[PDB]
K.L.:
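Below is a structure containing GM6001. Please help me interpret it.
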Amino acid sequence: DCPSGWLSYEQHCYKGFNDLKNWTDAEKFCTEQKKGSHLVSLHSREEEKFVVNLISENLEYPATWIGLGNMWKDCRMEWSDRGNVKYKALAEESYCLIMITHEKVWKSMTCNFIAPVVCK
Amino acid sequence: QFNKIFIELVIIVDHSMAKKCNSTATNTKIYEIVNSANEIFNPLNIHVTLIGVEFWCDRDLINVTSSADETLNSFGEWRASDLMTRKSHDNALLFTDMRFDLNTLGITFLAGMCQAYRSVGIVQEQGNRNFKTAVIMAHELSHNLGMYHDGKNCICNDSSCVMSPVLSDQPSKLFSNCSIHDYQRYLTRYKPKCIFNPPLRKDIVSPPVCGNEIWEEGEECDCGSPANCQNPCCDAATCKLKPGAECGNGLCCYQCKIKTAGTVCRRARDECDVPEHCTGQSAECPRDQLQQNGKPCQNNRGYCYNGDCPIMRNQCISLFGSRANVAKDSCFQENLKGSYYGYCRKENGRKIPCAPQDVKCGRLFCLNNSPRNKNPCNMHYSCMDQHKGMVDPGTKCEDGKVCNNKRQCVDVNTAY
Amino acid sequence: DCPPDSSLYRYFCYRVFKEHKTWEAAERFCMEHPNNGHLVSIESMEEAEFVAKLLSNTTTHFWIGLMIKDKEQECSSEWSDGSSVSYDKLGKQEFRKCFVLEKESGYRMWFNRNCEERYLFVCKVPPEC
Ligand SMILES: *[C@@H]1O[C@H](CO)[C@@H](O[C@@H]2O[C@H](CO)[C@@H](O[C@@H]3O[C@H](CO[C@@H]4O[C@H](CO)[C@@H](O)[C@H](O)[C@@H]4O)[C@@H](O)[C@H](O)[C@@H]3O)[C@H](O)[C@H]2NC(C)=O)[C@H](O)[C@H]1NC(C)=O
Ligand SMILES: *[C@@H]1O[C@H](CO)[C@@H](O[C@@H]2O[C@H](CO)[C@@H](O)[C@H](O)[C@H]2NC(C)=O)[C@H](O)[C@H]1NC(C)=O
Ligand SMILES: CNC(=O)[C@H](Cc1c[nH]c2ccccc12)NC(=O)[C@@H](CC(=O)NO)CC(C)C
Ligand SMILES: *[C@@H]1O[C@H](CO)[C@@H](O)[C@H](O)[C@H]1NC(C)=O
Ligand SMILES: *[C@@H]1O[C@H](CO)[C@@H](O)[C@H](O)[C@H]1NC(C)=O
Ligand SMILES: [Ca+2]
Ligand SMILES: [Ca+2]
Ligand SMILES: [Ca+2]
Ligand SMILES: [Ca+2]
Ligand SMILES: [Ca+2]
Ligand SMILES: [Zn+2]
């Protein structure tokens, strides 16, 4: 059982928003919304298809940020010449994940992008 | 003149020449080439004593390609990993039929005599033109003793000395003005220790020859040719002892009489050497033996190795001068890349990176503190001389550990 | 030194090609005729400056030789809530696991790009001897 506005599924609470904003703002946002809230997480196509319809019914835009940001910035690396990677110079730009309603798949997009949020 | 020098040589006959694996004929050709070589080296007091000969009848233990540079490199790494481990010797030559590119007849490393990976040389056998082959062998061994090619004004009586960059159809048997000087310079600089005492007569495999200034089995003595012999107790011709003399040559011979037993015939050169005393039964000093490999040396700054005490700092000085020293570990990490200069072992010319535990055995990096610099990781590399620059095998890579002859930082107790 | 067609920096030579290739292709091309070659590695701020000056000295984006390990798409990242990444449906073509240098950034910033995209590159080869 979830509060007003929020829909329930399995054991969590969901809530779509049209307030378009970048990944970080979308995250900090979800937290301020409710203690323990973060961008939606998806551990199965089942939960996914649920969040999909939640969007289609409540939200205008056919997509939302999900919950993964700065995707390939803190990985284990190495140069092709087998040399070690001590020195780093990773640009501030970075990729985050978004889910498109229709094709219901995941796309990578610069976290700069402005999209609708779907807390949980 | 020069001090008597002896090169304990081992010759390798590759599959090419090993086709008709049948020895006999080959050895005869070899013995004559060698003897001829000594006849060339006489005026320099250099004596090459053949203490071994191997045949590669089965296969070629290393790929003998058309590239003389490639083959030598491969041969050098083999001579260090295989041969040296099995048989003890100073230098090693590989005799082949192989028609190398660029018309080359022989190749070796500069001032490499005594060095594990670089005391090697390649020689293309000129069929049965034995003497023309001897010149090549001489031309190389000399390059290995710091001798360069004859330039603008280097003279000899034949107008075509041994060190000419081009082998004439009737090569001289004389060394040049420049060569003599280059050699003298080699000795006062590299100070080779592995070429001072000859091998026991017992171990020389070449058929005895009187007058070759090489006391061999069957010879009563040998002060060389009657021409340049100053031995009051040896027959310059018949290699026989004069009237009242027990010996002619040997560390255990004095005033022409066999030294008494218990008398030291060969002291210990360094801390990595063990003295030898006369048996009293022969004028020939017993086989030279060095300290037990592994034994600490230089106040635990290293561990003995076939007579020497290799230490990274010194090898850095050899390469970059008195102002040089070993670089900070950080540099040796370049040896993991398996770069063109940063690697350890090589397989078929292919450079293999070092396991994180053997980085102190690949390319040596020095901190040459000489102005104009900007690189704290100096290293030596030449595609024609890649082994020089690598950490000398025997070196101490860590407390209780040393590099073996296979670019590995193994445990001293297990390396010996 | 190396006067084949590149610049020299501490024992290595940097050649710059104008052929558009994929990361995979570039690396593969860096280690063929220009033997031992590889895509530029940048191990220090000094070398970083060097490669930049080189690219600036040029008359698009360039392939850095940096690559990712571990067979995990997300690497070590997890959902913002804390849960591990159970379900994963990010199409492969959505990955941006390679890195390039770009003029806008002064050739001193590493940006993620699809390893399949075709950009310019710079090999770090050995010197002539
Ligand atoms: C997602 O969007 C957010 C906001 O839209 C981006 O965050 C913003 O990032 C910039 C830096 O690129 C911050 O600017 C700095 O501001 C400080 C002054 O402090 C701030 O001042 C503003 C008003 O001036 C206040 O509203 C803030 O609360 C705070 O006090 C200044 O000293 C710096 O020189 C610099 O200009 C900006 O403050 C920040 N906005 C906030 C408050 O979130 C974010 O970059 C972007 N991220 C992604 C995923 O691209
Ligand atoms: C070997 O001897 C030759 C000649 O005996 C030396 O060469 C001479 O070099 C001087 C340099 O000033 C010339 O002017 C002479 O003409 C050269 N001699 C001739 C006529 O050939 C040579 O220097 C000697 N080798 C060395 C360097 O020891
Ligand atoms: C016929 N083969 C050879 O003797 C060639 C000849 C050669 C070299 N440069 C040339 C340019 C024009 C024509 C021929 C040659 N030279 C060699 O093999 C010499 C190689 C060398 O420098 N060894 O240290 C070692 C040798 C002197 C014993
Ligand atoms: C070179 O010789 C080695 C044996 O020492 C062999 O394994 C290798 O295959 C040879 N090279 C080639 C490519 O045939
Ligand atoms: C590269 O830069 C150097 C000076 O930094 C300059 O001399 C050279 O001409 C430049 N390359 C070319 C060919 O423009
Ligand atoms: Ca003599
Ligand atoms: Ca010896
Ligand atoms: Ca003799
Ligand atoms: Ca001794
Ligand atoms: Ca967790
Ligand atoms: Zn030569």
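In this entry the chain letters A, B, ... are assigned according to the order of the sequence lines. Shown for chain A, in order and in the PDB entry numbering: 3-122. Chain B residue numbers are taken from the PDB entry; in order, the displayed residues are 7-422. By the numbers in the PDB entry, the shown part of chain C spans 1-59, 64-133. In each ligand, atom 1 is the first atom listed, and ligand 1 is the first ligand listed. Technique stated in the header: X-ray crystallography, 2.9 Å.
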K.L.:
Which ligands or chains belong to GM6001?
P.N.:
ligand 3
K.L.:
Could you tell me which macromolecule makes the most contacts with GM6001 here? Its name in UniProt would be great.
P.N.:
Coagulation factor X-activating enzyme heavy chain
K.L.:
Find all other chains that place a heavy atom under 4.0 Å from GM6001.
P.N.:
B
K.L.:
Give the source organism of chain B as stated in the entry.
P.N.:
Daboia russellii siamensis
K.L.:
Pick out the nearest UniProt active-site residue of chain B relative to GM6001 and quote the non-hydrogen distance to 1 Å.
P.N.:
B:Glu146, 3 Å
K.L.:
Filter the residues UniProt lists as binding Zn(2+) in chain B to those having a heavy atom under 4.0 Å from GM6001.
P.N.:
B:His145, B:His149, B:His155
K.L.:
Out of curiosity, which residue and atom connect to GM6001 through a covalent bond, if any?
P.N.:
none
K.L.:
What's sitting near GM6001? I mean other ligands or ions under 4.0 Å from that drug.
P.N.:
ligand 11 (zinc ion)
K.L.:
Extract every residue of other chains having a heavy atom under 4.0 Å from GM6001.
P.N.:
B:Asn109, B:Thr110, B:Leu111, B:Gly112, B:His145, B:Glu146, B:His149, B:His155, B:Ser170, B:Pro171, B:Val172, B:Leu173
